[PDB]
A.B. asks: 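Hi! Got a PDB file here: (S)-etodolac bound to Albumin.
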Amino acid sequence: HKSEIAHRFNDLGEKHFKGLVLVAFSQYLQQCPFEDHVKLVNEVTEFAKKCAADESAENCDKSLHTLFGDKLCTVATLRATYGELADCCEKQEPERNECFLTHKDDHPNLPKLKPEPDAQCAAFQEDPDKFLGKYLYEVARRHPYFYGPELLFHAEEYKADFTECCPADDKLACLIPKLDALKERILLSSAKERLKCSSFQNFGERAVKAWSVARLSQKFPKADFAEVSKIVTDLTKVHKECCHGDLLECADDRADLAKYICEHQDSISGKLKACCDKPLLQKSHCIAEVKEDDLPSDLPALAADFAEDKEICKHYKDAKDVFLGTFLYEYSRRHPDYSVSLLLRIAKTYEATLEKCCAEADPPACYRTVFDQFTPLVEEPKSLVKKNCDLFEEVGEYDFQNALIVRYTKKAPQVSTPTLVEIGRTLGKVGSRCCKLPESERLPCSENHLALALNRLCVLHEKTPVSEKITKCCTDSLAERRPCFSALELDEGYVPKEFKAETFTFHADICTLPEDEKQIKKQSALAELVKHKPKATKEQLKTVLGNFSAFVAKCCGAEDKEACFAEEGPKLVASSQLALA
Ligand SMILES: CCc1cccc2c3c([nH]c12)[C@@](CC)(CC(=O)O)OCC3
Ligand SMILES: CCc1cccc2c3c([nH]c12)[C@@](CC)(CC(=O)O)OCC3
Ligand SMILES: CCc1cccc2c3c([nH]c12)[C@](CC)(CC(=O)O)OCC3
Ligand SMILES: CCc1cccc2c3c([nH]c12)[C@](CC)(CC(=O)O)OCC3
């Protein structure tokens with residue numbers, strides 16, 4: 001286009017344009033205040049309007065990365081606050097943008113955002129545009145790979161909560177359960193999209209395509225191969241652009257894809273009808289989270305073409321990607337009861353069987369039993385989901401999380417206590433989400449969400465690497481991640497952590513904390529116990545943590561809380577060392 005910025009301005013409209021630009025700037029430089037960003041946004045928008053008037057004007061010819069990057073480099077106190085990004089500003093495009101992306105920050109470690117119901121309603125009423133603008137800023141700078149359009153969607157849910165609850169009788173009780181519900185949903189979108197960006201970064205575009213072929217085929221089993229090809233291609237392009245900070249390009253293609261899917265919903269899925277009767281952002285989001293379609297009656301038998309056919313080696317050798325693509329498509333349609341990564345593991349085994357069999361003297365007799373190689377791949381995760389859900393049903397979320405914190409601290413004791421506690425808690429929430437579902441949905445839910453949690457762990461590991469075992473699981477294979485982490489056991493080389501009694505010391509401040517924040521503190525001690533006594537059994541550790549919980553309960557219920565913690569605390573810390581031998 002003659003002017004790219006004018007094009008995107010005209011298409012998306014001013015409101016979305018300004019939103020997406022705000023988000024973009026908030027993601028790249030997370031430390032600058034909100035009012036500085038507002039000024040950058042306004043300056044870029046004014047330029048787009050000026051360009052939209054006369055597209056042949058000076059500088060309107062420039063690309064989006066040129067104009068956006070130029071703008072980023074004008075920021076006050078750039079070299080001081082972001083030395084790393086200021087190094088990029090000397091470079092030209094496309095080198096500069098690639099430098100910007102390289103030096104983004106997954107753990108900015110900003111202050112936690114408390115929902116302050118009284119004061120936020122006041123700020124909402126006085127200036128809603130500023131208030132909702134601030135929400136975009138605050139979420140974007142804490143989640144640097146969030147997809148712009150999807151954040152704009154969740155901003156409308158946020159606004160809708162504050163219109164409903166601020167005029168109402170009780171401000172907190174209306175708003176708090178809605179805001180925590182919106183948090184959960186926002187965190188899930190973020191986790192999914194970060195996995196897609198992580199898949200590009202670590203494994204490449206081919207990996208994103210294959211994941212997407214598997215998932216879309218499951219969701220849209222009645223869509224023909226060429227239809228799924230079209231959608232995955234466009235979707236992969238959306239992902240690539242949103243992950244590489246091309247937010248205006250991302251919003252446009254994402255909107256076109258939603259439009260396309262809804263134009264052709266009769267040849268894609270019958271579950272899209274309600275999603276397609278919605279406004280722009282609502283529609284895109286609904287499609288992305290649409291339930292799987294019912295299995296077609298006429299799904300083909302696969303043994304003939306993929307196991308029994310006599311010229312598979314020739315067909316495979318002619319074009320591997322097309323042949324395996326076709327296999328993955330067909331096998332994924334008929335298996336909505338498998339996880340995405342299981343399907344990719346099965347495809348990898350299919351490939352491996354043909355690589356082996358087609359080198360042997362009589363290939364067809366070798367590859368005749370190829371589908372039977374899948375049996376042990378299917379039963380391994382089916383057992384672990386049944387085992388863990390049985391455990392979760394028996395003991396509940398808190399004890400299940402503790403079981404996993406012990407499990408993972410033994411695997412990787414070099415990881416920081418906060419990270420181990422975070423990952424064990426997140427992994428435990430998969431039990432509460434998935435084990436309650438119908439049993440045919442348990443496996444996919446579980447493994448699909450474990451992947452999100454493990455990718456979080458892997459991203460944290462890129463920042464602060466501590467363990468070669470984690471690096472191998474994170475970097476070797478996307479499909480093998482969850483099995484790789486499961487296969488890890490206690491490393492027999494790890495030196496048990498130096499005993500500091502201060503680590504296991506509690507005080508009366510714990511008593512006034514919320515129940516979640518109490519658990520976290522106990523769970524942190526649990527991790528530290530494992531670090532000091534790595535060979536202690538899970539039953540020993542559970543028993544000792546029970547003694548910690550009882551101690552905290554009695555002293556928080558005492559007349560003189562601090563005298564109780566001081567007297568009873570050292571006794572418990574000393575005896576607990578002996579109980580963990
Ligand atoms: C005002 C409090 C609030 C309300 C609603 C949603 C959220 C989300 C968050 N806080 C919310 C956070 C931070 C911005 C939570 C986090 O990252 O821990 O990440 C987005 C969803
Ligand atoms: C149908 C199978 C298939 C086909 C083409 C490319 C890939 C890649 C993969 N599978 C492919 C994987 C998983 C997504 C393999 C892996 O990491 O184990 O990541 C690399 C590209
Ligand atoms: C166009 C709608 C859409 C269609 C089909 C699959 C997806 C997926 C997504 N959108 C999809 C998302 C969200 C779950 C990314 C996004 O937020 O845009 O991530 C992967 C799967
Ligand atoms: C190479 C990565 C790849 C992996 C798994 C399946 C597919 C499919 C494709 N690529 C795949 C294509 C092949 C035409 C789209 C494309 O890349 O042009 O269509 C859907 C099936």
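Position 1 is the first residue of the sequence; numbering continues from there. Both counts, for ligands and for their atoms, begin at 1 and track the order of listing. For the numbers below, each heavy atom of this structure counts, side chains included, while hydrogens, waters and symmetry mates do not.
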A.B. asks: List the ligands or chains that belong to (S)-etodolac, copies included.
C.D. replies: ligands 1, 2, 3 and 4
A.B. asks: Who's the nearest protein heavy-atom neighbour of atom 16 (C) of (S)-etodolac (ligand 3), and how far?
C.D. replies: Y147 CD2, 3.4 Å
A.B. asks: Which residue and atom name correspond to the protein heavy atom nearest atom 1 (C) of (S)-etodolac (ligand 3), and how close is it?
C.D. replies: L257 CD2, 3.8 Å
A.B. asks: Below 4.0 angstrom from a heavy atom of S284, which (S)-etodolac (ligand 3) atoms are there? Numbered from 1 as shown, please.
C.D. replies: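 Every atom of (S)-etodolac (ligand 3) under 4.0 Å from some heavy atom of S284: 2 (C).
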A.B. asks: Taking only heavy atoms of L235 into account, list the atoms of (S)-etodolac (ligand 3) that are under 4.0 Å away from them.
C.D. replies: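 Going through (S)-etodolac (ligand 3) atom by atom, the ones under 4.0 Å from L235 are 5 (C), 6 (C), 7 (C), 11 (C).
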A.B. asks: Could you tell me whether (S)-etodolac (ligand 3) has any atom less than 4.0 Å away from a heavy atom of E289?
C.D. replies: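 Per 4.0 Å heavy-atom rule, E289 contacts (S)-etodolac (ligand 3).
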A.B. asks: Going by distance only, is there an N or O of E193 that falls short of 3.5 Å from an N or O of (S)-etodolac (ligand 3)?
C.D. replies: yes
A.B. asks: Which single UniProt domain of chain A covers most of the interface with (S)-etodolac (ligand 3)?
C.D. replies: Albumin 2
A.B. asks: Under 4.0 Å from a heavy atom of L216: which atoms of (S)-etodolac (ligand 3) are those, numbered in the order shown and with their elements?
C.D. replies: 5 (C), 6 (C)
A.B. asks: Given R254, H239, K192, identify the one with the heavy atom nearest to atom 12 (C) of (S)-etodolac (ligand 3).
C.D. replies: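 Looking at heavy atoms only, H239 sits closest to atom 12 (C) of (S)-etodolac (ligand 3).
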A.B. asks: I'd like to know whether (S)-etodolac (ligand 3) has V238 as a neighbour, heavy-atom separation below 4.0 Å.
C.D. replies: no
A.B. asks: Any non-hydrogen atom of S189 lying under 4.0 Å from (S)-etodolac (ligand 3)?
C.D. replies: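 No; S189 lies far enough from (S)-etodolac (ligand 3) that no heavy-atom distance drops under 4.0 Å.
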A.B. asks: Provide, to 0.1 Å, the distance between atom 9 (C) of (S)-etodolac (ligand 3) and the closest protein heavy atom, together with that atom's residue and name.
C.D. replies: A288 CB, 3.6 Å
A.B. asks: Which protein heavy atom lies closest to atom 4 (C) of (S)-etodolac (ligand 3), and at what distance to 0.1 Å?
C.D. replies: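 That would be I287 CG2, 3.6 Å.
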A.B. asks: For chain A, which UniProt Ca(2+)-binding residues keep a heavy atom less than 4.0 Å from (S)-etodolac (ligand 3)?
C.D. replies: none
A.B. asks: Within 4.0 Å (heavy atoms only), which residues surround (S)-etodolac (ligand 3)?
C.D. replies: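 Heavy-atom contacts: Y147, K192, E193, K196, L216, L235, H239, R254, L257, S284, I287, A288, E289.
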A.B. asks: Kindly print each (S)-etodolac (ligand 3) N/O atom paired with any protein N/O atom under 3.5 angstrom away, one pair per line, or none if nothing qualifies.
C.D. replies:
unit_1, atom_1, unit_2, atom_2, d
(S)-etodolac (ligand 3), 17 (O), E193, OE2, 2.7
(S)-etodolac (ligand 3), 18 (O), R254, NE, 2.9
(S)-etodolac (ligand 3), 18 (O), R254, NH2, 3.4

